[PDB]
Number of protein chains: 2
Amino acid sequence: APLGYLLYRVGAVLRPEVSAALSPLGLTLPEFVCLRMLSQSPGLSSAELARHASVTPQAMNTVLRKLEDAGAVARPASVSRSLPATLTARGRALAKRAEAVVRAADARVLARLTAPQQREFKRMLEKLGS
Amino acid sequence: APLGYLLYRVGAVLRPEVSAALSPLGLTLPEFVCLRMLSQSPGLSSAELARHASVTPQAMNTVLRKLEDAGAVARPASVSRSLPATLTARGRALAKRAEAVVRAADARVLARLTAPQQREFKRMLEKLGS
Ligand SMILES: Nc1ccc(C(=O)O)c(O)c1
Ligand SMILES: Nc1ccc(C(=O)O)c(O)c1
């Protein structure tokens, strides 16, 4: 049971849970990843975004296109090139509600652990990913 | 810090470590995932294999093609269609040495935790992925 296999199994339980939590907001999981990462790291390559959402860059460009058409992401051409993609007010509010449902989805998956185990598990994750 | 982000960070530390451990054996990480999964679950869709190696199905078909050309995977046409892909003796021996270097790579990543924390962490992973 390589570590990476154990990690993959956890992601395989998490992802459909997160997707279903996000559905009533009209968002796919890739769209959520784009919103969240762009909210924290404005000006991010769609390659990086795609590696984080584990989708091809072409799929991410399609995500970007949909989020821009929706008024949640913009790239206003600088009257000074074009500005790196950032969230609008709309996108920030979207992002916030989506982060709330994703947090609840996470807690639902983490309920398989006791409260102390959840804290230790998140610490261990932080250490391993540092 | 959504759980999935913490998981992604851990995979982002693990993957280059595993890739470098596998390089002297002449294997990419996708090739390793194909070998290992085919060793345990003969007859597996290249879609499933690709989702586990987080590469596109086309990339996986290329992996399959290389592992077949190498004498590690076969698909002997049944004298009885074509048989589902399985490992040859060569592929099994390859798989075994590769599993050994991947295990050592894993332990190197897990050394950031004490021995008891590593045991508890693997238990927690098993529970969350069950
Ligand atoms: N980094 C990774 C990803 C997946 C696996 C896997 O065996 O499924 C791995 O051994 C390492
Ligand atoms: N299943 C996943 C994968 C990635 C993320 C992420 O925010 O990076 C997530 O929130 C859930």
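The first sequence line is chain A, the next is chain B, and the lettering continues from there. Numbers in chain A track the PDB entry; the residues on display, in order, are 7-86, 89-138. Numbers in chain B track the PDB entry; the residues on display, in order, are 7-86, 89-138. In listed order, ligands and their atoms are each counted from 1. Atoms considered below: every heavy atom in the structure, side chains included; atoms not considered: hydrogens, waters and symmetry mates.
In this structure, the drug found at ligand 2 is aminosalicylic acid.
Contacts with aminosalicylic acid (ligand 2) are greatest for the chain named in UniProt as HTH-type transcriptional repressor Rv2887. By chain letter, those with a heavy atom nearer than 4.0 Å to aminosalicylic acid (ligand 2) are A, B.
Result for chain A: of the UniProt salicylate-binding residues, aminosalicylic acid (ligand 2) comes within 4.0 Å (heavy atoms) of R42(A).
Counting only heavy atoms of the protein, atom 1 (N) of aminosalicylic acid (ligand 2) lies nearest to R21(A) CG, 3.2 Å. Most of the residues of chain A within contact distance of aminosalicylic acid (ligand 2) belong to the UniProt domain HTH marR-type.
Closest to atom 9 (C) of aminosalicylic acid (ligand 2) among all protein heavy atoms lies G10(B) CA, 3.8 Å.
Listed by atom number, the atoms of aminosalicylic acid (ligand 2) under 4.0 Å from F38(A) heavy atoms are 7 (O), 10 (O).
Ligand-side atoms of aminosalicylic acid (ligand 2) in range of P8(B): 10 (O), range being under 4.0 angstrom from any heavy atom.
Closest to atom 2 (C) of aminosalicylic acid (ligand 2) among all protein heavy atoms lies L35(A) CD2, 3.7 Å. Of all protein heavy atoms, the one closest to atom 7 (O) of aminosalicylic acid (ligand 2) is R42(A) NE, 3.2 Å.
Residues in other chains coming within 4.0 Å of aminosalicylic acid (ligand 2) by heavy atoms are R21(A), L35(A), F38(A), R42(A), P8(B), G10(B), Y11(B).
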When you pair each N or O of aminosalicylic acid (ligand 2) with protein N or O atoms, which pairs come out under 3.5 Å?
from	atom 1	to	atom 2	distance (Å)
aminosalicylic acid (ligand 2)	7 (O)	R42(A)	NE	3.2
aminosalicylic acid (ligand 2)	7 (O)	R42(A)	NH2	3.4
aminosalicylic acid (ligand 2)	8 (O)	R42(A)	NH2	3.2

